[PDB]
Amino acid sequence: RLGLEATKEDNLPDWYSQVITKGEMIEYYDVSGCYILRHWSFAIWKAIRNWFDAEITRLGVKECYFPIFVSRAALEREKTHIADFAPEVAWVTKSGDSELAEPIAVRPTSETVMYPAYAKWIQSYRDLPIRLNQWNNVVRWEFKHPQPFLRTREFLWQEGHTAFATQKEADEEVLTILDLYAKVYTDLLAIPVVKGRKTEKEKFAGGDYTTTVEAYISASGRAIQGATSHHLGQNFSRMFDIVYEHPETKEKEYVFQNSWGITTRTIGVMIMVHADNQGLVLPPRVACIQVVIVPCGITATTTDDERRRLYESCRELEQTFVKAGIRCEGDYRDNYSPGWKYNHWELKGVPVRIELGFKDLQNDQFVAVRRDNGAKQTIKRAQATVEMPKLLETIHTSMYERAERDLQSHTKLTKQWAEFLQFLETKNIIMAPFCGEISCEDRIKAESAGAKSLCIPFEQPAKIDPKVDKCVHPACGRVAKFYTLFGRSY
Amino acid sequence: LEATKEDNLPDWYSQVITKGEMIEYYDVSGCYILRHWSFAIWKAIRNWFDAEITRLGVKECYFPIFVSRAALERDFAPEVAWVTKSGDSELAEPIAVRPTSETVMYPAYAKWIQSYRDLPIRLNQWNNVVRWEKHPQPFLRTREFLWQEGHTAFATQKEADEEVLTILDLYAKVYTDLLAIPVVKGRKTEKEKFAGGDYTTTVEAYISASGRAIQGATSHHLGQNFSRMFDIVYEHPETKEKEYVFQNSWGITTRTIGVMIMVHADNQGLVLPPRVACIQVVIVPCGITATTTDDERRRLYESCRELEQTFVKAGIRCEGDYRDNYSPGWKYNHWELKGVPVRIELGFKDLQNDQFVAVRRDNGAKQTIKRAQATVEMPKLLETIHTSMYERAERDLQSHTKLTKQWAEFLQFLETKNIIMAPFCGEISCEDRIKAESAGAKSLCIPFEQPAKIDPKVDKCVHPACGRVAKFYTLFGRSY
Ligand SMILES: O=C(C[C@H]1NCCC[C@@H]1O)Cn1cnc2cc(Br)c(Cl)cc2c1=O
Ligand SMILES: O=C(C[C@H]1NCCC[C@@H]1O)Cn1cnc2cc(Br)c(Cl)cc2c1=O
Ligand SMILES: [Cl-]
Ligand SMILES: [Cl-]
Ligand SMILES: [Cl-]
Ligand SMILES: [Zn+2]
Ligand SMILES: [Zn+2]
């Protein structure tokens with residue numbers, strides 16, 4: 001029965017709403033900007049969270065929890081960014097019917113609370129480094145048009161905050177966290193990305209520099225930051241008097257800080273990239289169910305003893321899949337036809353469906369069907385334990401390389417501004433030589449109406465030969481500092 | 001440690017949670033920073049329970065932190081935090097920070113249950129709620145706190161009842177098997193039960209320093225009350241009479257940690273139950289004789305590293321302390337304060353005789369183990385520690401639960417700092433009079449394991465103003 005009524009290419013938003021609802025991944029909510037994560041998508045987040053947490057604790061980071069409320073003073077004292085952020089802050093100002101003396105803010109991030117804590121907690125050189133992480137929820141009252149995973153007012157993330165004695169420690173951590181974020185996207189979500197440094201405009205305002213992983217959703221034609229990992233350097237230490245006495249040098253020494261974060265926006269990217277016109281398509285490594293066994297060949301008058309015999313062999317296959325470490329469940333609901341179940345689990349996006357009927361068990365075998373391809377492969381029951389991991393391996397690769405192919409089909413390089421704007425009009429992203437200065441990024445953005453910097457990619461396409469190369473914008477005559485990636489932004 | 005449990009309980013509690021690196025104070029009242037050392041106790045409880053209820057068929061989801069006014073108001077009302085402005089721009093309708101999630105998840109349950117085919121719904125959340133509720137205290141009276149709230153809907157009341165009991169069994173197992181704290185399973189009286197429910201089961205535990213009892217977790221049977229409120233119904237297949245589902249909800253909060261502090265922490269700081277301690281064993285290398293020798297520094301640190309490595313690989317959570325800028329005794333006191341179940345003192349004579357001394361945080365008892373037997377004695381040891389803690393608490397609690405049918409000794413026992421099983425009518429009127437004329441004592445639970453069977457030919461409720469035949473024996477005490 002249930003099915004997608006729209007298509008990715010013609011009506012992307014209604015397609016997206018149909019895939020997150022009929023994929024049982026989201027329920028809408030009477031508070032705007034906020035969405036119910038039903039269990040089918042929360043398991044995606046749970047896999048991402050668990051994987052990344054295991055990584056950063058193996059690294060020596062530790063898990064903590066600061067309160068959801070922040071003082072007006074914690075917030076505004078020594079402002080990180082008066083910026084244009086203060087409007088986006090959710091303010092509690094009444095208990096029941098009693099208004100409170102000073103109002104308290106729901107956290108948008110925890111710098112202004114965790115940095116005073118670090119100032120207390122570091123009274124000597126011996127107390128360093130501090131590597132603390134929280135898995136928490138934040139609220140940003142963002143005046144834009146909201147969407148389930150991509151622009152939400154409350155969302156889950158993890159924020160890691162770190163303080164070291166040396167800048168070398170801090171630099172290397174920034175890159176180790178970025179490698180793990182990159183792994184979240186490629187190895188778990190089968191999504192390709194570009195590692196880079198934000199330009200001076202797009203960097204976190206308070207940081208020394210800001211690294212990032214950036215991805216592209218081509219169906220929409222827009223690019224999106226997938227995760228970031230900042231090097232604050234000494235800015236916040238000097239702000240918050242996070243100091244120790246140098247063991248040799250008698251003089252006060254400020255610590256070197258990093259912060260890094262990744263949000264549930266990841267899941268939205270996963271949809272936009274991998275979900276097709278029949279519904280969701282889950283990367284095998286985050287799917288709550290990797291393999292679903294639908295017992296087939298049950299007619300309106302299949303008998304309870306026949307039904308039970310088949311159900312029982314299905315549970316035995318499901319069990320030897322669990323014991324092989326792969327996440328398999330069987331669907332034994334009696335008020336649903338085999339075909340109804342095929343369509344159900346297709347909408348839900350399970351990498352593999354197993355059709356096992358009476359004719360299959362009589363030949364001691366089964367059929368496996370890929371959610372991405374529709375490709376069917378008959379496996380002898382014996383080879384199950386060895387064939388099914390290969391398959392799930394294969395499925396990931398196909399999902400990934402397909403996605404990367406699309407990304408490379410939507411990355412065009414030019415040194416000429418006209419070819420830049422042609423490429424941008426044709427719905428893709430452009431590596432071009434950029435002076436790096438903020439004014440020129442502004443002129444570029446205005447004059448593509450718009451196109452923002454994405455990152456200065458780590459893998460540069462070529463080294464700028466200064467005898468020739470000038471920044472792609474004709475109004476600045478600055479020689480090109482590097483290749484930068486520009487595109488229309490989310 | 002500067003104060004003591006026996007004489008000044010509150011400032012002892014404050015010194016135990018501060019010098020234990022568990023809590024950092026915060027400029028919003030009611031709210032406290034869970035540092036990593038206490039957050040790990042929560043994480044152990046969280047993971048143990050989540051695995052259990054996941055094995056049971058419950059599934060994890062996450063609903064928003066915000067409820068807007070309409071969702072909510074469909075009697076606690078003073079205690080609700082209201083967002084009403086973004087920045088300096090006032091918002092049209094104000095939204096409440098969730099204090100519990102019934103008013104949000106139950107409309108969703110009505111929308112998602114379009115047929116009988118859709119049952120049961122078994123969903124759990126690990127989330128933060130705020131109830132702007134006195135004189136606050138870090139794990140016992142917090143305005144923002146962590147918990148898990150699970151909400152479930154079935155077709156029959158039998159499923160729902162049996163689940164209530166299974167979850168209560170799991171909470172008691174949290175308290176006894178993980179936190180080594182004894183508890184009593186029971187039913188709240190109609191006065192103390194969850195207002196919207198049919199009934200409320202509970203586990204209660206005893207803190208002897210205070211002489212007071214505290215509710216450790218709950219598991220409610222909402223019956224058909226909330227289904228009827230929010231129209232969670234299905235078509236009866238036979239005659240299509242709208243049928244209301246039977247609902248339960250259950251919860252457990254970070255109050256556990258506070259209970260575990262107050263039950264088990266002594267005058268030297270925390271002492272963590274082995275099954276929740278982030279570090280079960282900490283290795284302190286001894287005898288570094290301050291530049292008496294330097295090459296040996298790495299040699300000793302290295303033998304400590306292979307012992308820690310074989311403890312990890314044996315499944316024992318062991319970390320070693322190889323920091324050079326701290327006195328050995330400083331490390332002893334540090335890990336005593338933080339409550340690490342076992343300290344290993346390992347020196348040069350120890351490494352030369354192929355052994356180590358492990359000393360229990362609860363006992364102070366010292367026991368020298370040959371490295372050969374290490375992987376085998378150390379699990380036993382930690383098993384041994386848990387039992388001694390639990391039985392210790394058990395001893396204490398049962399030396400302080402008194403049975404009576406007479407109000408005079410009820411009120412004497414209540415002066416002597418313990419909790420009383422007495423015959424009770426069950427009425428709300430009479431419970432109110434009991435608390436008022438005991439100043440004060442509330443019902444705790446009607447225990448499942450009853451002390452003797454009520455003979456209605458004689459037994460009357462212990463309060464002299466109600467002459468009702470006693471409905472049952474219940475447990476009363478002074479409580480948080
Ligand atoms: O949130 C950040 C910076 C970093 N915080 C720690 C986790 C990783 C993260 O990149 C950027 N940022 C973004 N949005 C914000 C919104 C508001 Br409102 C405020 Cl006050 C502040 C901020 C703000 O600082
Ligand atoms: O929160 C509860 C009832 C149950 N909710 C689901 C998880 C288990 C839990 O016992 C009781 N309770 C307690 N304190 C409250 C405080 C406020 Br404020 C509000 Cl609005 C409501 C409540 C409220 O309903
Ligand atoms: Cl977001
Ligand atoms: Cl930013
Ligand atoms: Cl509490
Ligand atoms: Zn330029
Ligand atoms: Zn009575």
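Per chain, numbering begins at 1; letters A, B, ... match sequence-line order. When reading the values below, keep in mind they use all heavy atoms of this one structure, side chains included, and skip hydrogens, waters and symmetry mates. Just follow the structure's listing: the first ligand is 1, and inside any ligand the first atom is 1.
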> Under what name is the drug at ligand 1 recorded?
Replying inline: halofuginone
>> Mind checking something for me? Which chain has more close contacts with halofuginone (ligand 1) than the rest, going by the PDB entry?
In response: prolyl-TRNA synthetase
>> I'm mapping contacts for halofuginone (ligand 1). Which other chains have a heavy atom under 4.0 Å?
In response: A
> With a cut-off of 4.0 Å on heavy-atom distances, which residues and nucleotides contact halofuginone (ligand 1)?
Replying inline: A:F85, A:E88, A:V89, A:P108, A:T109, A:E111, A:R140, A:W157, A:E159, A:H161, A:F204, A:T228, A:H230, A:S259, A:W260, A:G261
> What are the atoms of halofuginone (ligand 1), with element, lying closer than 4.0 Å to any heavy atom of A:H161?
Replying inline: 6 (C)
> Under 3.5 Å between some N or O of halofuginone (ligand 1) and some N or O of A:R140?
Replying inline: yes
> Are there other ligands or ions under 4.0 Å from halofuginone (ligand 1), and if so, which?
Replying inline: ligand 4 (chloride ion)
> Which of the numbered atoms in halofuginone (ligand 1) are below 4.0 angstrom from a heavy atom of A:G261?
Replying inline: 8 (C)
> Which of the atoms in halofuginone (ligand 1), numbered in the order shown and given with their element, are less than 4.0 Å from a heavy-atom of A:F204?
Replying inline: 3 (C), 11 (C), 24 (O)
> In terms of atom number and element, which parts of halofuginone (ligand 1) are under 4.0 angstrom from non-hydrogen atoms of A:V89?
Replying inline: 18 (Br)
> If you count the atoms of halofuginone (ligand 1) from 1 in the order shown, which ones are under 4.0 Å from a heavy atom of A:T228?
Replying inline: 10 (O)
> Do A:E159 and halofuginone (ligand 1) have an N or O pair less than 3.5 Å apart?
Replying inline: no
>> Only heavy atoms of A:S259, strictly under 4.0 Å: list the atoms of halofuginone (ligand 1) that pass.
In response: 4 (C), 6 (C)
> Under 3.5 Å, N or O to N or O, is A:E88 touching halofuginone (ligand 1) that way?
Replying inline: no
> Which of the atoms of halofuginone (ligand 1) are close to A:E111, meaning less than 4.0 Å from one of its heavy atoms?
Replying inline: 3 (C), 4 (C), 5 (N), 6 (C)
